[PDB]
Engineer: 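I'm sharing a structure that contains L-captopril.
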Amino acid sequence: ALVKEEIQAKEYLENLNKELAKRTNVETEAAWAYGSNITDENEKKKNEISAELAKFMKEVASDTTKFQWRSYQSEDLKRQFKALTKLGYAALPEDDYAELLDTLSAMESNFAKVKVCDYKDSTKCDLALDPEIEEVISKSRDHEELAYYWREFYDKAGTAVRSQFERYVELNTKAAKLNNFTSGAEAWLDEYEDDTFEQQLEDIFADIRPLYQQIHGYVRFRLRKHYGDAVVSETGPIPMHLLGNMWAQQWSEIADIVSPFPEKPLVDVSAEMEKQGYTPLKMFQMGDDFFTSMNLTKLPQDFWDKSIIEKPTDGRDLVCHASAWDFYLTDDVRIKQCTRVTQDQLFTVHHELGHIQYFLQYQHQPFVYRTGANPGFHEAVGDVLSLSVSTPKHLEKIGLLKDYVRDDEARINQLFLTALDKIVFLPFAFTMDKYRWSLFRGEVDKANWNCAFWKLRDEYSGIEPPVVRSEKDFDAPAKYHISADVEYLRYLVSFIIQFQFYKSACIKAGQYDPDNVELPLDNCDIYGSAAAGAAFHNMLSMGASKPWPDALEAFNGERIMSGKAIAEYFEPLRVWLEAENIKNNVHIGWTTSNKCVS
Ligand SMILES: *[C@@H]1O[C@H](CO)[C@@H](O[C@@H]2O[C@H](CO)[C@@H](O[C@@H]3O[C@H](CO[C@H]4O[C@H](CO)[C@@H](O)[C@H](O)[C@@H]4O)[C@@H](O)[C@H](O[C@H]4O[C@H](CO[C@@H]5O[C@H](CO)[C@@H](O)[C@H](O)[C@@H]5O)[C@@H](O)[C@H](O)[C@@H]4O)[C@@H]3O)[C@H](O)[C@H]2NC(C)=O)[C@H](O)[C@H]1NC(C)=O
Ligand SMILES: *[C@@H]1O[C@H](CO)[C@@H](O)[C@H](O)[C@H]1NC(C)=O
Ligand SMILES: *[C@@H]1O[C@H](CO)[C@@H](O)[C@H](O)[C@H]1NC(C)=O
Ligand SMILES: C[C@H](CS)C(=O)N1CCC[C@H]1C(=O)O
Ligand SMILES: [Zn+2]
């Protein structure tokens with residue numbers, strides 16, 4: 001009978017959760033060892049342990065059928081059982097899972113091992129993306145140099161893994177269907193527990209799209225003045241290599257040439273950080289201080305003892321893309337970051353520490369609940385703090401911004417700078433998953449895979465490659481998350497919801513009042529606010545114990561993902577920018593790109 005079984009089920013779940021945590025700890029250690037030290041031996045070890053855990057997950061999913069869990073009274077017990085039925089890749093046959101693992105590591109290791117030759121010195125061929133190539137992309141204003149590095153990188157990080165990527169799509173699809181999802185798109189979207197989630201994002205994106213068009217138009221205008229009309233056309237998509245980022249996902253690195261008021265201050269604290277003798281250790285210590293200042297949890301000793309916060313100086317290959325790690329014990333949390341002393345890197349430190357804080361806040365939950373309310377929540381935490389860290393208000397407090405006058409023009413410069421990171425990213429993030437969803441769903445024939453990628457980048461972002469690409473090239477895997485099989489919609493969601501969190505945290509901190517000119521949203525600093533911290537504790541401690549609208553409700557009483565907050569933040573910029581574009585007769589929109597030959 002059901003009453004007695006539900007008691008037994010509760011006991012079954014308690015033990016199983018603890019067992020899953022312990023088994024996952026072993027897989028995580030091997031995955032950490034591989035990411036920190038790419039070798040054939042470490043690859044073998046990572047993939048063999050994963051195969052072993054997958055085998056156990058299969059047994060668990062099979063064992064859930066022995067319980068009448070759908071009949072139970074407790075929503076909590078039913079939710080835990082449901083989490084256990086979802087196998088993901090573990091649903092694949094033993095041999096298929098092993099092949100998928102070998103395929104994934106082949107792609108991630110290819111990306112991590114990419115080396116190019118120096119533009120000026122064809123004998124020096126040991127430039128890696130991080131930091132060598134990225135330094136050039138961000139700093140060089142030589143369009144031919146930029147285009148050289150773009151082509152070299154994309155050819156090696158992208159085209160080189162086409163066949164592996166094809167097999168990955170096949171096995172991802174097979175796995176999804178064994179879980180009775182239509183494709184991997186539906187498997188990923190299941191994490192958001194909302195059958196209208198795609199439409200919700202389309203609607204929010206449509207509301208912000210006109211603002212993006214205005215920013216795009218103004219940036220293109222300013223780039224024409226710098227590079228000339230031979231490099232940048234008035235009516236065409238922007239050549240992406242000019243945007244200060246390898247993937248044109250954020251444009252803040254070219255702020256010095258596109259800033260609204262060039263005679264007024266533009267915040268760039270990198271030089272002051274170096275001047276004051278900042279180190280990676282100091283940057284992480286300052287992030288820790290920000291969290292502890294809000295009455296949130298201090299970084300444990302394991303973090304300091306075990307984290308990797310600088311690129312290793314021996315000859316080893318590693319994954320340098322920044323990552324935060326939960327080892328599912330108590331207080332064993334780690335970051336691996338190839339940290340550099342720059343402003344943007346200071347934001348990245350706070351982003352990664354946001355993941356760490358989430359791990360610490362929910363470590364008391366049963367294993368299945370030790371994850372974000374949805375994947376976007378996990379990405380948003382640290383970015384909320386980064387928004388405060390980026391303010392002139394905060395940067396003056398820590399002595400990184402000196403002799404700053406916050407007049408009307410300086411404010412527009414700062415809002416524009418933020419928008420180059422926050423608004424610009426939205427169409428980029430949407431296209432990363434729109435692309436993969438289309439391949440997962442079988443909507444694009446293999447013969448059209450590369451130009452389907454550039455078509456999307458054109459349609460949504462109005463950017464294009466520096467050189468003509470074709471189906472001989474395969475450019476998508478040149479982005480880390482595509483080579484490493486990391487869902488990207490989490491970042492689009494994050495960039496929307498982080499403004500909901502920021503706005504509410506600021507109101508709570510007494511730092512934002514829409515009717516008080518002295519308290520604008522774009523200069524809010526939540527440092528030292530226990531009130532803002534209280535809201536974070538309330539939400540993060542839930543982990544995934546409840547559907548995400550309940551986690552949002554715990555923070556600020558709202559239950560809906562909304563574009564209201566991000567639009568509110570950038571409203572003063574929108575008004576100024578629309579007028580500035582009219583004043584300067586700026587062309588808005590773009591013709592279809594000619595840079596991908598079918
Ligand atoms: C994805 O979707 C798949 C379907 O498209 C699904 O696969 C199905 O899972 C079913 C299990 O839930 C399974 O149903 C069983 O079928 C057995 C015989 O099927 C054979 O012949 C079929 C042709 O008709 C073939 O196509 C199959 O390949 C099989 O060879 C039955 O023998 C079996 O029955 C037993 O179990 C039921 C279930 O009992 C339930 O639980 C309690 C038990 O205490 C009951 O009180 C309760 O009422 C409830 O019914 C018993 O009632 C019964 O007495 C038997 O003991 C069972 O019906 C089905 O075969 C399978 N495939 C197909 C094609 O249908 C996947 O499971 C889905 N995957 C995921 C991850 O969700
Ligand atoms: C990297 O891994 C190899 C074996 O795969 C091991 O011998 C070596 O100690 C590791 N290197 C470092 C720097 O940890
Ligand atoms: C700090 O957090 C604790 C719980 O961690 C809470 O009980 C306490 O009220 C908070 N202190 C302040 C000043 O808000
Ligand atoms: C550094 C983090 C790791 S979770 C990251 O990958 N981000 C943060 C913003 C977007 C995305 C990217 O770099 O592509
Ligand atoms: Zn992240």
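Residue indices begin at 1 and follow the sequence shown. Values reported hereafter were calculated over all heavy atoms of this structure, with side chains retained and with hydrogens, waters and symmetry mates removed. Each ligand, and each atom within it, is numbered from 1 in the order the structure gives.
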Engineer: Could you list every ligand or chain that corresponds to L-captopril?
Structural biologist: ligand 4
Engineer: In this PDB structure, which macromolecule forms the chief contact with L-captopril, named as in UniProt?
Structural biologist: Angiotensin-converting enzyme
Engineer: Find other ligands or ions closer than 4.0 Å to L-captopril.
Structural biologist: ligand 5 (zinc ion)
Engineer: Please confirm whether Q250 approaches L-captopril to less than 4.0 Å, judged on its heavy atoms.
Structural biologist: no
Engineer: Does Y480 reach L-captopril, in the sense of a heavy atom lying below 4.0 Å from it?
Structural biologist: no
Engineer: Check the entry and name the source organism of chain A.
Structural biologist: Drosophila melanogaster
Engineer: Pick out, from the UniProt Zn(2+)-binding residues of chain A, those with a heavy atom under 4.0 Å from L-captopril.
Structural biologist: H351, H355, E379
Engineer: What protein heavy atom sits nearest atom 7 (N) of L-captopril, and how far off is it?
Structural biologist: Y491 CE2, 3.6 Å
Engineer: Look up the UniProt domain of chain A with the most contacting residues for L-captopril.
Structural biologist: Peptidase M2
Engineer: Considering both backbone and side-chain atoms of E352, is one of its nitrogen or oxygen atoms within less than 3.5 Å of a nitrogen or oxygen in L-captopril?
Structural biologist: no
Engineer: Can you sort out which atoms of L-captopril are near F425, meaning under 4.0 Å from one of its heavy atoms?
Structural biologist: 10 (C)
Engineer: Run down the list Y488, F428, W247 and name the one with the heavy atom closest to atom 10 (C) of L-captopril.
Structural biologist: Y488
Engineer: Listed by chain and number, which residues of other chains have a heavy atom closer than 4.0 Å to any atom of L-captopril?
Structural biologist: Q249, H321, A322, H351, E352, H355, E379, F425, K479, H481, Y488, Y491
